[PDB]
2 protein chains.
Amino acid sequence: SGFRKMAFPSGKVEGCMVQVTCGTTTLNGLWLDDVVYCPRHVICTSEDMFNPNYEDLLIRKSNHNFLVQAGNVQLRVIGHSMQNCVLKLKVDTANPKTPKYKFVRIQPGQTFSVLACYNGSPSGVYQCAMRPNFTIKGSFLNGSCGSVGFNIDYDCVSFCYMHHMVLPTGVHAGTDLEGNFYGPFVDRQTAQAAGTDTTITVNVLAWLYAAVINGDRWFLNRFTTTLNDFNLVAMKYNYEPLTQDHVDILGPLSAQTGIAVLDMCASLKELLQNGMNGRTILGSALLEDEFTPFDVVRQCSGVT
Amino acid sequence: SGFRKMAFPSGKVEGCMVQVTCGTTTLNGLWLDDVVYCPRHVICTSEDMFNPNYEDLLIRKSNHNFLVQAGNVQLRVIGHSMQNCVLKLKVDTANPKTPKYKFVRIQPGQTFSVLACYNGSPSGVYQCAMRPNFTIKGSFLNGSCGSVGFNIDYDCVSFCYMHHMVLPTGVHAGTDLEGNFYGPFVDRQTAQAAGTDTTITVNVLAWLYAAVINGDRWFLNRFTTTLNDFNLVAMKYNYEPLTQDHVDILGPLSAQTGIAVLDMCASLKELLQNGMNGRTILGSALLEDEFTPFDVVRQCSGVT
Ligand SMILES: Cn1cnc(Cn2c(=O)nc(Nc3cc4cn(C)nc4cc3Cl)n(Cc3cc(F)c(F)cc3F)c2=O)n1
Ligand SMILES: Cn1cnc(Cn2c(=O)nc(Nc3cc4cn(C)nc4cc3Cl)n(Cc3cc(F)c(F)cc3F)c2=O)n1
């Protein structure tokens with residue numbers, strides 16, 4: 001009962017966060033086994049940030065230029081290498097708190113938990129989604145560079161995001177853990193613009209199901225639509241088109257609830273055209289698109 | 001930049017969660033030093049839950065009736081005692097992962113993070129507020145009894161909530177860690193009703209400040225009101241009355257923003273009377289009342 005923006009427990013990640021300083025530039029890094037992963041922007045002095053030549057800056061550095069602090073313990077840098085936009089600092093000590101992990105790239109519309117960190121120190125946890133324009137609507141202040149996003153699958157942490165920068169619109173941009181940006185951005189301190197964002201339709205439908213599971217039923221009706229008639233309406237309102245694979249993903253919720261996907265699509269059509277008229281769904285007055293079908297199952301049926 | 005429902009990192013609590021079984025009844029408990037704290041409802045068999053006589057049930061038990069599992073490790077119960085609605089199971093091993101901690105009772109309107117647990121296993125983290133009617137709007141399934149709420153002050157975990165039960169309306173009720181209920185509830189499986197809830201006015205004002213800090217300014221105006229004129233309007237709309245101490249708490253946000261509290265109160269007056277007319281604030285179409293003034297400072301200025 002109830003429905004909240006729920007993050008994954010963050011303890012397994014917290015013991016991996018460290019602080020990385022290179023001269024007067026400092027940010028967060030991720031310590032797994034005997035490697036520390038962090039944004040390569042850390043080798044920039046303030047003069048280099050606008051237009052860095054990262055290959056040039058890196059060859060001018062040595063291992064002792066890199067200060068890595070894990071709490072009070074200092075870690076000895078014994079090697080360094082660049083992989084796309086991340087720096088890999090080999091250290092002399094393997095992190096005894098290394099969880100089982102993997103590096104995965106997520107798709108637009110998927111959700112993950114962020115551990116926001118400052119000076120190597122975990123500060124807070126929240127859930128967000130990768131937007132279709134490859135930015136996230138995070139909550140980050142100065143000093144959060146290197147903070148990570150992750151999911152938990154049983155025992156295993158899947159890292160999927162490393163925070164790099166803020167865009168002029170206030171949204172955030174970053175890379176996967178192999179250093180490849182999400183979206184068309186580059187790691188330099190310039191004004192870069194995001195493409196126009198759209199609403200994640202399958203998620204809105206997942207959330208309507210969650211509402212029906214929690215006793216909000218006022219928006220349902222008899223009608224059924226077809227994919228094509230729906231998608232014609234979706235596009236007018238800046239919603240991602242719906243596919244057959246989307247419909248199939250919503251299968252478990254369809255079953256548990258007794259409402260066909262195309263049945264629920266007709267309700268969504270109505271909500272889009274007529275609005276909500278001061279009514280709320282799951283305590284919201286807007287259609288919420290940052291819960292996936294898996295988030296709903298996890299919170300309305302049970303997974304630990 | 002950005003604004004999210006942010007929870008505290010949960011790692012320090014996660015290593016304290018255990019599973020407590022007494023016959024066929026099972027729930028979560030909190031292992032600190034050599035004590036395990038859990039809801040006393042665990043000594044009820046299914047027949048006892050409607051109208052337990054807890055003093056009777058407890059004397060009929062012995063230490064070996066209590067199965068406590070910390071992951072795979074079983075803990076040896078060497079003593080038991082009841083304190084109001086919580087059971088204290090003394091065990092033979094002190095939890096090596098015990099953080100610095102304290103037990104504090106929170107006031108209505110304050111916020112805290114919940115670690116929702118099942119079978120002793122941490123499942124998710126979210127932030128919520130204690131409502132003025134002493135319930136919380138949580139997200140909990142069967143098996144979450146004993147889950148805890150907490151805050152973090154530097155190094156120190158302040159535990160403030162132990163989850164007991166769900167009410168017919170879908171909201172949740174629990175105790176502090178000394179076993180005293182929040183609100184007029186009792187730990188038995190009967191239908192109990194909550195008092196009528198109200199909106200936490202000081203929090204709504206804290207959130208309007210957060211919006212101004214993040215560039216949402218459309219709702220501001222010239223007018224100033226007085227406490228008395230505002231409180232006259234607040235009460236018509238089921239808002240908690242505002243006090244001088246509330247005004248003082250909003251001091252830091254007033255300063256950082258250049259907008260007097262009574263200035264912001266006039267905007268809130270307008271929003272209450274005219275509504276928002278399809279505009280949003282911080283991505284919400286409702287006035288949000290579950291961020292305290294301290295939550296806003298923490299997320300818009302910086303505290304780790
Ligand atoms: C407001 N906000 C929201 N998210 C962010 C993230 N972020 C950040 O934390 N820091 C950045 N630049 C740095 C300045 C430094 C000054 N010192 C002493 N050390 C510093 C280290 C960093 Cl990383 N930036 C900007 C930024 C970071 C990049 F990694 C990048 F490739 C381009 C950029 F423009 C930043 O966005 N701040
Ligand atoms: C849907 N929901 C939302 N929150 C809750 C919390 N909660 C819970 O998890 N369990 C409860 N009763 C139990 C049944 C058991 C069956 N077995 C085998 N073991 C059990 C243990 C418990 Cl605790 N309840 C009900 C409940 C729990 C109390 F602690 C109480 F004092 C009165 C109550 F009515 C419950 O609300 N479920």
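Below, chain A is the first sequence line, B the second, and so on; all start at residue 1. First listed ligand is number 1; within each ligand, the first listed atom is number 1. Method on record in the header is X-ray crystallography, 2.0 Å.
The drug or drug candidate found at ligand 2 is ensitrelvir. The chain with the most heavy-atom contacts to ensitrelvir (ligand 2) in this structure is named in the PDB entry as 3C-like proteinase nsp5. Lab note: other chains with heavy atoms under 4.0 Å from ensitrelvir (ligand 2) -> B. Other-chain residues and nucleotides with a heavy atom under 4.0 Å from ensitrelvir (ligand 2) are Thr24(B), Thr25(B), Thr26(B), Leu27(B), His41(B), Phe140(B), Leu141(B), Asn142(B), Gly143(B), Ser144(B), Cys145(B), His163(B), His164(B), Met165(B), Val166(B), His172(B), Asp187(B), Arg188(B), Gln189(B). Checking only distances, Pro39(B) never comes within under 3.5 Å of ensitrelvir (ligand 2), N or O to N or O. At a 3.5 angstrom cut-off on N or O pairs, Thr26(B) counts as close to ensitrelvir (ligand 2).
Remark: ensitrelvir (ligand 2) and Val166(B) share an N or O pair separated by less than 3.5 Å (distance only, no angle test). Atom 3 (C) of ensitrelvir (ligand 2) has its closest protein heavy atom at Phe140(B) O, 3.2 Å.
Here is the list of ensitrelvir (ligand 2) atoms found below 4.0 Å of a heavy atom in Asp187(B): 31 (F).
Between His41(B) and ensitrelvir (ligand 2), not a single N/O pair is under 3.5 Å apart. Protein heavy atom closest to atom 10 (N) of ensitrelvir (ligand 2), with residue, atom name and distance, is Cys145(B) CB, 4.1 Å. For atom 18 (C) of ensitrelvir (ligand 2), the closest heavy atom belonging to the protein is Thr24(B) O, 3.0 Å. Taking any N or O of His163(B), backbone or side chain, at least one lies under 3.5 Å from an N or O belonging to ensitrelvir (ligand 2). Among protein heavy atoms, the minimum distance from atom 24 (N) of ensitrelvir (ligand 2) is reached at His164(B) O, 4.2 Å. Per UniProt, the domain of chain B home to most contacts with ensitrelvir (ligand 2) is Peptidase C30. The closest protein non-hydrogen atom to atom 26 (C) of ensitrelvir (ligand 2) is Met165(B) CB, 3.9 Å. Of the protein's heavy atoms, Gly143(B) N, 2.8 Å lies nearest to atom 9 (O) of ensitrelvir (ligand 2).
Closest protein heavy atom to atom 25 (C) of ensitrelvir (ligand 2): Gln189(B) NE2, 4.2 Å. For atom 13 (C) of ensitrelvir (ligand 2), the nearest protein heavy atom (residue, atom name, distance) is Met49(B) CE, 4.3 Å. According to the deposit, the organism of chain B is Severe acute respiratory syndrome coronavirus 2. Under the 4.0 angstrom criterion, atom 16 (C) of ensitrelvir (ligand 2) counts as lacking any protein heavy-atom contact.
Counting protein heavy atoms under 4.0 angstrom from atom 35 (C) of ensitrelvir (ligand 2) gives one or more.
At under 3.5 Å, not a single nitrogen or oxygen of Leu27(B), backbone or side chain, sits near a nitrogen or oxygen of ensitrelvir (ligand 2).
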